[PDB]
Number of protein chains: 2
Amino acid sequence: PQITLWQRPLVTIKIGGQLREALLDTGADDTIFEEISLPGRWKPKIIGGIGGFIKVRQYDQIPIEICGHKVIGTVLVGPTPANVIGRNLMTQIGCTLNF
Amino acid sequence: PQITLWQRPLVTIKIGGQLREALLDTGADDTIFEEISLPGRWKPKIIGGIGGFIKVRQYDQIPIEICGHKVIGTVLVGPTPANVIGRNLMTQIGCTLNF
Ligand SMILES: CC(C)(C)NC(=O)[C@@H]1CN(Cc2cccnc2)CCN1C[C@@H](O)C[C@@H](Cc1ccccc1)C(=O)N[C@H]1c2ccccc2C[C@H]1O
């Protein structure tokens, strides 16, 4: 589908058997979620954004359904103010910017 | 044109007679640059992102040529790790997300 930017580009996602809304965020290299229970091991990771750095855990090979599309990739979990889907996943569902 | 997301969606922009590289950021409501000298009055403003909040200057009605398209809008200038073009300006040039 085509999505204009006159509002935040939100999409509903299923991940870990849980439902959530993420913002399609071409400015984010990675994907991060506020609070969701993910199974298995993880590696610490400290990401930098506007306003500072945050400590988060990294989960790889995580199945995630974005707007009805099925993809798998690394998903971060940490103290973010908004759930974001990054280019690491937006590439998998073939998302592009147009103008 | 059409821009895939396998790399950061950077575009060249001219603002205040200066040249800058900016990130097409669908996840950002506003536009902000690290260090540019814009003329006229501004209004203090505090924005929040992942990792924290930062105090910035808010200049309105600022001409900005994005990827060869001329638009005018609110541009923020503050301590950001990367220049970002937000939806407030993306809508002006008619950018959409596609998949
Ligand atoms: C208006 C303003 C510009 C302050 N908005 C944001 O920063 C929003 C904030 N929300 C949240 C919010 C906060 C307060 C109120 N409402 C909403 C979360 C999403 N961001 C947009 C991000 O796309 C910004 C980029 C900026 C950046 C690029 C390169 C280097 C440093 C900073 C960003 O945060 N990028 C990083 C990033 C982000 C997520 C996951 C991984 C990574 C890595 C990296 O690409």
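Lettering follows sequence order; numbering is per chain, from 1. The figures that follow rest on heavy atoms only: side chains count, while hydrogens, waters and symmetry mates do not. Each ligand, and each atom within it, is numbered from 1 in the order the structure gives.
Among the choices rifampicin, torcetrapib, digitoxin, indinavir, voxilaprevir, the one modelled at ligand 1 is indinavir. The main partner of indinavir (ligand 1) in this structure, judged by heavy-atom pairs under 4.5 Å and named as in the PDB entry, is HIV-1 protease.
Other chains within heavy-atom reach of indinavir (ligand 1), distance under 4.0 Å: A, B.
Short contacts between indinavir (ligand 1) and B/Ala28, defined as distances under 4.0 Å to a heavy atom of the residue, involve ligand atoms 3 (C). Atoms of indinavir (ligand 1) found under 4.0 Å from any heavy atom of A/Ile32, numbered from 1 in the order shown, are 39 (C), 40 (C).
Annotation: A/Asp29 places an N or O atom under 3.5 Å from an N or O atom of indinavir (ligand 1); distance criterion only.
Under a 4.0 Å criterion applied to the non-hydrogen atoms of B/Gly49, indinavir (ligand 1) contributes the atoms 7 (O), 9 (C), 13 (C). Every atom of indinavir (ligand 1) with a heavy atom of B/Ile47 under 4.0 Å away is listed here by number and element: 4 (C). The closest approach between any non-hydrogen atom of A/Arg8 and indinavir (ligand 1) is below 4.0 Å.
Polar contact check, B/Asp25 against indinavir (ligand 1): a nitrogen or oxygen pair lies under 3.5 Å apart.
Close contacts of indinavir (ligand 1) with B/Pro81, meaning ligand atoms under 4.0 Å from a residue heavy atom, involve 31 (C). Indinavir (ligand 1) is approached by A/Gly48 to a heavy-atom distance shorter than 4.0 Å.
Taking every heavy atom under 4.0 Å from indinavir (ligand 1), one finds A/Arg8, A/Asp25, A/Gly27, A/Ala28, A/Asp29, A/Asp30, A/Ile32, A/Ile47, A/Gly48, A/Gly49, A/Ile50, A/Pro81, A/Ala82, A/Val84, B/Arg8, B/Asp25, B/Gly27, B/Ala28, B/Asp30, B/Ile47, B/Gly48, B/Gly49, B/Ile50, B/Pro81, B/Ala82.
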